[PDB]
Student: 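I'm reviewing an experimental structure with REGN3471 and have questions.
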Amino acid sequence: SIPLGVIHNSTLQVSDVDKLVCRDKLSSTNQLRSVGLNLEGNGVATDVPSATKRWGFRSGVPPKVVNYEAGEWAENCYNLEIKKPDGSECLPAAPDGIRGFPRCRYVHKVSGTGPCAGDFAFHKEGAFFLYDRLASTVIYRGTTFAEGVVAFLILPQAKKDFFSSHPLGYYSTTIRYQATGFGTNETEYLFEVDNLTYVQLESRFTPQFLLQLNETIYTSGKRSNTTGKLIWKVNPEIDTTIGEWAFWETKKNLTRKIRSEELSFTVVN
Amino acid sequence: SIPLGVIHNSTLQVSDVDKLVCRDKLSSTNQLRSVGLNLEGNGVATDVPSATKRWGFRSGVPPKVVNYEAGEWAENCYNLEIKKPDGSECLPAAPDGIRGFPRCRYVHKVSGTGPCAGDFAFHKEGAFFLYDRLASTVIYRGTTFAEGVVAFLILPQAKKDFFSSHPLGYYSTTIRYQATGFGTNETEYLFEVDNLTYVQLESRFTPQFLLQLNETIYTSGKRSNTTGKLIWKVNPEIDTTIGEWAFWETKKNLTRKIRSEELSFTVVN
Amino acid sequence: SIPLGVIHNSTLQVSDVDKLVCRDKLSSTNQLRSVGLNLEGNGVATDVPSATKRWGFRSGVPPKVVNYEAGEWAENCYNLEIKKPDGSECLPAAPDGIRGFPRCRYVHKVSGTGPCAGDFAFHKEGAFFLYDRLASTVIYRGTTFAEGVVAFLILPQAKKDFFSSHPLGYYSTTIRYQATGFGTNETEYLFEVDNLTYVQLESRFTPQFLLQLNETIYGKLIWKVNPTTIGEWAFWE
Amino acid sequence: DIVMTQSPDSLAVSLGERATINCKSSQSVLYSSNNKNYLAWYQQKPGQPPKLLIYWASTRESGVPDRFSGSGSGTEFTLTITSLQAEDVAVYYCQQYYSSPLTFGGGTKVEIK
Amino acid sequence: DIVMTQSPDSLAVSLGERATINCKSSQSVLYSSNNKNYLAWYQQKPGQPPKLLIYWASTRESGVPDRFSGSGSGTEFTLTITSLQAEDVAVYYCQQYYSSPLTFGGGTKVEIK
Amino acid sequence: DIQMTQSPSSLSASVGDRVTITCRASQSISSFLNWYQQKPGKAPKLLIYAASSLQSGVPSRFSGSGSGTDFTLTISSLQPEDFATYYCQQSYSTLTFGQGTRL
Amino acid sequence: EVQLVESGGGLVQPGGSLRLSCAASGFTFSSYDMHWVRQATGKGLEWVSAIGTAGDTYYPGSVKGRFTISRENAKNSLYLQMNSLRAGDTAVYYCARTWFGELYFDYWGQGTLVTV
Amino acid sequence: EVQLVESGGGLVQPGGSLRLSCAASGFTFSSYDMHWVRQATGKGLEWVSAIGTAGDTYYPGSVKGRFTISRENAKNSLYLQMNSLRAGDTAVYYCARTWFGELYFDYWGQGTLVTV
Amino acid sequence: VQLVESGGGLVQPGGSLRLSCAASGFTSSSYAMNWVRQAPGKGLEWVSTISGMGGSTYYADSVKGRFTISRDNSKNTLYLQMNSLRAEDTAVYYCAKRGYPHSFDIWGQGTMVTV
Amino acid sequence: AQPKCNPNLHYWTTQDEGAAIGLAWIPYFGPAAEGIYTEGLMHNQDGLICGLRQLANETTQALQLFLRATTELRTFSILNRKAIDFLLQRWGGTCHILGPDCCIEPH
Amino acid sequence: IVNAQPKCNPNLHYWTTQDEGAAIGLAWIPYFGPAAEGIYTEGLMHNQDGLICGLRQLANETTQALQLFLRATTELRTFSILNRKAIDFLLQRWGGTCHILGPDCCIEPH
Amino acid sequence: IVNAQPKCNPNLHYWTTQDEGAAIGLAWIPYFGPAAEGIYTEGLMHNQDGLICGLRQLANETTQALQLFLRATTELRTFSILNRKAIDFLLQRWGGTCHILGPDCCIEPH
Ligand SMILES: *[C@@H]1O[C@H](CO)[C@@H](O[C@@H]2O[C@H](CO)[C@@H](O[C@@H]3O[C@H](CO[C@H]4O[C@H](CO[C@H]5O[C@H](CO)[C@@H](O)[C@H](O)[C@@H]5O)[C@@H](O)[C@H](O)[C@@H]4O)[C@@H](O)[C@H](O[C@H]4O[C@H](CO)[C@@H](O)[C@H](O)[C@@H]4O)[C@@H]3O)[C@H](O)[C@H]2NC(C)=O)[C@H](O)[C@H]1NC(C)=O
Ligand SMILES: *[C@@H]1O[C@H](CO)[C@@H](O)[C@H](O)[C@H]1NC(C)=O
Ligand SMILES: *[C@@H]1O[C@H](CO)[C@@H](O)[C@H](O)[C@H]1NC(C)=O
Ligand SMILES: *[C@@H]1O[C@H](CO)[C@@H](O)[C@H](O)[C@H]1NC(C)=O
Ligand SMILES: *[C@@H]1O[C@H](CO)[C@@H](O)[C@H](O)[C@H]1NC(C)=O
Ligand SMILES: *[C@@H]1O[C@H](CO)[C@@H](O)[C@H](O)[C@H]1NC(C)=O
Ligand SMILES: *[C@@H]1O[C@H](CO)[C@@H](O)[C@H](O)[C@H]1NC(C)=O
Ligand SMILES: *[C@@H]1O[C@H](CO)[C@@H](O)[C@H](O)[C@H]1NC(C)=O
Ligand SMILES: *[C@@H]1O[C@H](CO)[C@@H](O)[C@H](O)[C@H]1NC(C)=O
């Protein structure tokens, strides 16, 4: 008895099982649709430090997957390469059908070592991990996924009104992270600017900030040196908060731009 | 053309599909159910020697699996771990979905070696090996199953009376059998009470008797002897046959309790 | 929106979903049937040199499989055992469910080496490779298949005259080929009459002629063989 | 095809001192279903048929004295003689019955000092 | 488990010309997802702890001079010293970090001629 | 199903005291216990979000303690308004309440 | 008490045929499946054949087509018949009894030396 | 910069126990995953233990139960507790730090030698 | 910020009653509101809950087939249609809003139903 | 025909979706594979149970033949096919009001 | 018509899975039963040239839609197409708000 | 409304598999067709905030039922939920014994 939403006159009335309302008309199975809506649209924190907290590892529960016919572009998607600290596999390899989430503005690729208590990784929020029209309850290794929930819809009159046209470019950038103690409270992440330069990661940092940081490091960060890989603590030294608003929020406009000079860098050690 | 059974007023009449009586009323799929009734209820002997004879090996027939939503508690379930005399695999390894039959009072974990003349093991009587809501026509290694048959039912929708209401934790004991020549008329079984003591098994012996044998052997079994592994032969010296009645009937009947003295043990040298 | 064909009064009229015509009745699910009709029936050349041209290798497209309940006897079926010149597999191993196409009069077992650009082999014409009630878009190593197209039918009113009885003896001959440069225009085939004797292929050759070639002959030997038009008629003719 | 390799080809140790024979298998012989290792240890004294010391990696045969203790999991196993009396000079073999070929490792010869 | 094999046990070569150490893994350590080879090279000078030279099969460590060049893909790998010097004399090791047991290949000793 | 038991059925303490009220679950609930304070004759008020988290606007003196199977609530200073009865709710399955505890 | 007696063995020319007999006493022969294990003079034990209780014959690759193992329960004797013996098959052959239902060889018999 | 120091090596009677301590400086000890690596005199480097950030312990088969590794973050120290040592364990034990989130050992401590 | 309950009264055994819970200061459509029943002197038990949009209706074991609960999101009102009232149902009923562990957070003033 | 019919049926079934209200629906915070099942005993009516057992024994013939025809490794559509067939037979086409072939009750 | 294709086969020799009713033997049991090769049943439809030559066209035309449908779905193996066609047929005849006289729904008045 | 939920995204940018009818070119053929990445299509439903926002709420609400349904089912891969919803809809409206002028049956005279 999953709730089946009925769209009438561009208004969403969830259906009533017992009522068998005469009005609603299901002409064909085309009208039936499953929609996978991302969590990022729900106002949840979407940065990898906070997002990892919602994911969790448990064992003794079999993984399940569902198909969602249509999905929403996700600003942030995550690809995990977690391995156990001895190098053992932590996340199950993707089954043949499973493929990466189709449309992602920012792919957060986390490769690192973490305690891996459970056989599989599950979403503590109850949501599904969306993979290319397949919604799973378990994280699969090395496949881009966007955490989301699946909604089932009865589309209106199949008159091309909904999901057939835009009533009214795909460029995906990979933000590569490295993590230790993945899946525990004591987790630390390093944003990987390049092979030799890493930046300590905090929740405040947004993907736009991280890309700007990458540019700033490249232009004037003296990233290349013989000392070794450099881990930099970074703080935007601007009075306003960094990326409080969500991606949709205020169309991300009139947003203060943190010129390269504002960012402050110190070497952790 | 699978027979479908309609329950009217707590009376079961097979659906008159050709007659198409409208009286039967399938309001929703919740009414439709599949029941995995086990053969143990049917009154067939359930002891490992007789039960194994029903099981047979064939090649060239592909395994098929069915889904039964609900099922019956089974007094006796089996967990074959058969290997060929070389050590080569005999029973196909369990697929990912398949899991052990739930709610088994006694799990007969037969182990040992036998000639396997076929790719897969099939039920001669035509029944379905039942695994965790997935009835199968073949035996999978290492997974508890109860041989059974699947019935499709149109449940009454009056008040979710069946399978959702009682008309009005379980402890599963593993009885370990060691066997040679599994799947042939020459099969020989040893019940493994302990790691140094085994009792030669006969069909008449029932699981309750076997557990009682376990206790009696604990007292006088002379298990802790350096001589070697002991294959005891046991006879219950009583006028009536042990386990004459079925498990449902025998509890209704006055139970016969066999004293330790009555059991007779002869070493086999 | 797969076209569905309604068979009424032994005449096939594709169902018009829009018109909601009431002549057709779907008394039971049995009336619905998916039939896999072989591509050879349409008239295309069925010999290995011509048939190989249709098959092509592509990567980045996932293989898909659809079942067809009923099928047609295939005069020519192909079994492929193509390895890259290293020996690396070129065709994916057959999945558990997939099995060889049944009811093949001639099984053209092609074994050899060829460049394999794609992960999977696909049919350029858009047809399906048929495997024992499973139609797949890709070729599976070692499994006999027949090129075909699946059609979906509403059988007539449970009369069961169609596909449950014949309104109005299976012997399979395994023709064997060795190939190099399989999957490209520069492909050479020499038919394996015997272990030590081979005859080079030409497009004109038919299974019957190849079968007689064994009789005709009587350090592996490759024979160039010359016998107007041969087999201009289709197999049924 | 699991191939057993015993790490010390010879093991000279003085009387009464612990001896350890290492046994590496190409593949893990631990069975997931029962979580018990499918390995056995055989002792072949010179001039006699081999004798079954330890089975199930750790379980000790009834006749075998308590001195012989088997331990290990997964790919590699070890047999430890807590006190090596002179009468235990022999060649010690592994066996894996996890898989089809039932291979045995090359023998390890223990010699008293 | 991947077992790492370094083909030249000892590689005596004169100073100033290329020296190549070959490393073979039982099964390939090239991960499909990132197409990065999970192999590292360690240099152990006599009486010092091993120091990382080349990681990700080809990527070089910050301190390491450009003389140490590493290459290879899939199952087999190699380390090439473009010009050997007296200071380079050491035992060079392999590591595969692609699997559950971290394994180091047997060392290869280079010696000046 | 799981059965919720508050160990102290009733207890009396003076103002300014340390008191612990314990609610026990027959089977472990993963920190899904929330505490309710019901003033006598008035609708219950939520206290602890889930085992430890303290509801916004509820006095900080109330402290939520949580564990796998046994949960406790401690009142720091026993002000007179906090002398009212308390309840424990599980959220693992069926949302049962423990029998109320009387101060 | 399980006691295994082995017979046969000797010098056989390469490619010749030999029959090895393992008489068994002290246990029920039919119940227990039996194996042949050969120890090369300079090498460790190698499993060379196995017979099930039902008479099915199982061989490793080395002797896959050249060795025939047979048990006749009636007279309680087990035979390994060796054909096309090569110089490699010059080991000491031990008939072994696997434990009931298990694949470890609990009881062995004194070996018989075959020289090719 | 990064300095790893080994301590506690010595002579241990076979079957006895030894505790090895690795002090660390110049980096944040808590974040990085620390490993112990064993190098026998003639057998090359061998990985013997791993400790994660959260205290999770991983061992190879050889020391699966014999060895317990522990890290105490506050004092920047790594502890390897060796029990039931056998003759094979004699070697030079290194405490190594893998790079953040990867399994290659960037920094190795000055080795300590334990003899059984 | 306020939840108001109404409809309580005297009903003979059997029969039906409708309890109306109305939301003030909250858009009830968004939040999943719940009904909790406190028997006099016998503690609190949860009787039913609804999803925010009304798609999911959830009931306790005791009233699984007896109570029908529905939400009119337009009016920010919740209706609990008690039917076939039994003797034990003579208790005060509270309507509350879901929380982090399905926790009733804002409690409207209880209404009394007597059989 | 059956030799002995067990009069009482003890059934294990998957939990009702409506029944679960706790945050145990969450997979991570939830019952393991063993816990999902819900218990029942249909001991009240012996005749129904014996009919059910006979029905299952009779149906196994068709179920096995249907499995043979299908190429499904795992067949989960039998119930859906029964529902579709039931609807298709009741309302396949051109229901006659008065006629009992399609039973639509005029007032 | 089948004019487009160069040659249409007049005889259609079809192989189908066995009729359920056809097998009355104890061969229903999988163990005592025909192997995978033998399950198939045989038929010939040579009499009707028009029907088969139409079917071959229908297949040729429908592969266009079928391949797109397979591309859309993530089914490794797709077995629900016939069920979906049945569901569409029912939903088309009885979508809702049926009119007795109106052509939208179809039930002849008398 | 969706203020129960912390933030609602006003814009819905949806990616979906292409419609069967639109594609006419010889790109349906798998060999000549677009790769897996390219099959998708785009849309924006920004104009109507109310429907899409309600939709996010509906998805948050339905996830509980979806998870419980997955727990009960043994499906490794579940693709039948939509079909089961369809058959539920038909079984519910037209299960049987439907009065010509009744609440149970949708049928209406004239
Ligand atoms: C569908 O939508 C709902 C509604 O938005 C989502 O509900 C969210 O659930 C997540 C987790 O399931 C919650 O995050 C938690 O935050 C906690 C911190 O306190 C938060 O509580 C507030 C919620 O307010 C509502 O509930 C309270 C409690 O009754 C009422 O008082 C209040 O009036 C509201 O009714 C927020 O307002 C506040 O800002 C905080 O965010 C954490 O404690 C919690 O658990 C953490 O700690 C646990 C113990 O260590 C640990 O187990 C966890 O893993 C985690 O570390 C968790 O982080 C959201 O707060 C909650 N939102 C709302 C509005 O309730 C639901 O998740 C979503 N589901 C899907 C599938 O999409
Ligand atoms: C992280 O969780 C563990 C689990 O008990 C705890 O011991 C540790 O103190 C926690 N860390 C912090 C910083 O709270
Ligand atoms: C940002 O990082 C990318 C790779 O992620 C790199 O190619 C680019 O050079 C960086 N930016 C600048 C301004 O260099
Ligand atoms: C067992 O059956 C076989 C037939 O396969 C027969 O030859 C043999 O004699 C039978 N043995 C017994 C003890 O019945
Ligand atoms: C039966 O034997 C087992 C060990 O084989 C022992 O643990 C148990 O106590 C014995 N008795 C019963 C009643 O299980
Ligand atoms: C007996 O066998 C069991 C496993 O069945 C094992 O756990 C136990 O330790 C063994 N005990 C002895 C004394 O062999
Ligand atoms: C084969 O095709 C390739 C690629 O188009 C072309 O370069 C070559 O000339 C062709 N050769 C023949 C013989 O057709
Ligand atoms: C000829 O080849 C076949 C296989 O194609 C093989 O079975 C047969 O033994 C061979 N015969 C000779 C004489 O080479
Ligand atoms: C990082 O390493 C990779 C692999 O060697 C190389 O392709 C890339 O150019 C490197 N980038 C930098 C900035 O060093």
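Chain letters run A, B, ... following the sequence lines, proteins first, then strands; residues in each count from 1. Shown: partial entry. Contacts: counted within the shown part. Keep in mind that the numbers below use all heavy atoms, side chains included, and drop hydrogens, waters and symmetry copies.
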Student: Specify the chains or ligands that represent REGN3471.
Tutor: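 The answer, copies included, is chains D, E, G and H.
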Student: Write down the name, per UniProt, of the macromolecule bound to REGN3471 (chains D and G) with the most contacts.
Tutor: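 It is bound most extensively to GP1.
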Student: Write down the other chains contacting REGN3471 (chains D and G), where contact means heavy atoms under 4.5 Å apart.
Tutor: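 Heavy-atom contacts under 4.5 Å involve B, E, H.
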Student: Can you remind me what the PDB entry calls chain E?
Tutor: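 The PDB gives the name REGN3471 light chain.
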Student: Considering each chain of REGN3471 (chains D and G) separately, which one has the most heavy-atom pairs within 4.5 Å of chain B?
Tutor: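 First place in heavy-atom pairs goes to chain G.
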Student: In this structure, which residues of chain B are contacted by REGN3471 (chains D and G) below 4.5 Å, heavy atoms only?
Tutor: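 Non-hydrogen contacts point to B:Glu81, B:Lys83, B:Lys84, B:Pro85, B:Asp86, B:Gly87, B:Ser88, B:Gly112, B:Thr113, B:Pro115, B:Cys116, B:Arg141, B:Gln178, B:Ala179, B:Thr180, B:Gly181, B:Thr184, B:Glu186, B:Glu188, B:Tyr189, B:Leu190, B:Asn195, B:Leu196, B:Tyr198, B:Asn225, B:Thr226, B:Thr227, B:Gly228, B:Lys229, B:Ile231, B:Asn269.
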Student: What residues of antibody REGN3471 (chains D and G) touch chain B if a contact means heavy atoms under 4.5 Å apart?
Tutor: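 The heavy-atom paratope is D:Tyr31, D:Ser33, D:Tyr38, D:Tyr55, D:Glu61, D:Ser62, D:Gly63, D:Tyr97, D:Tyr98, D:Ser99, D:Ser100, D:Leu102, G:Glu1, G:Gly26, G:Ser31, G:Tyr32, G:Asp33, G:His35, G:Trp47, G:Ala50, G:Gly52, G:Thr53, G:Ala54, G:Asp56, G:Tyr58, G:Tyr59, G:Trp99, G:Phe100, G:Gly101, G:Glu102, G:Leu103, G:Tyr104.
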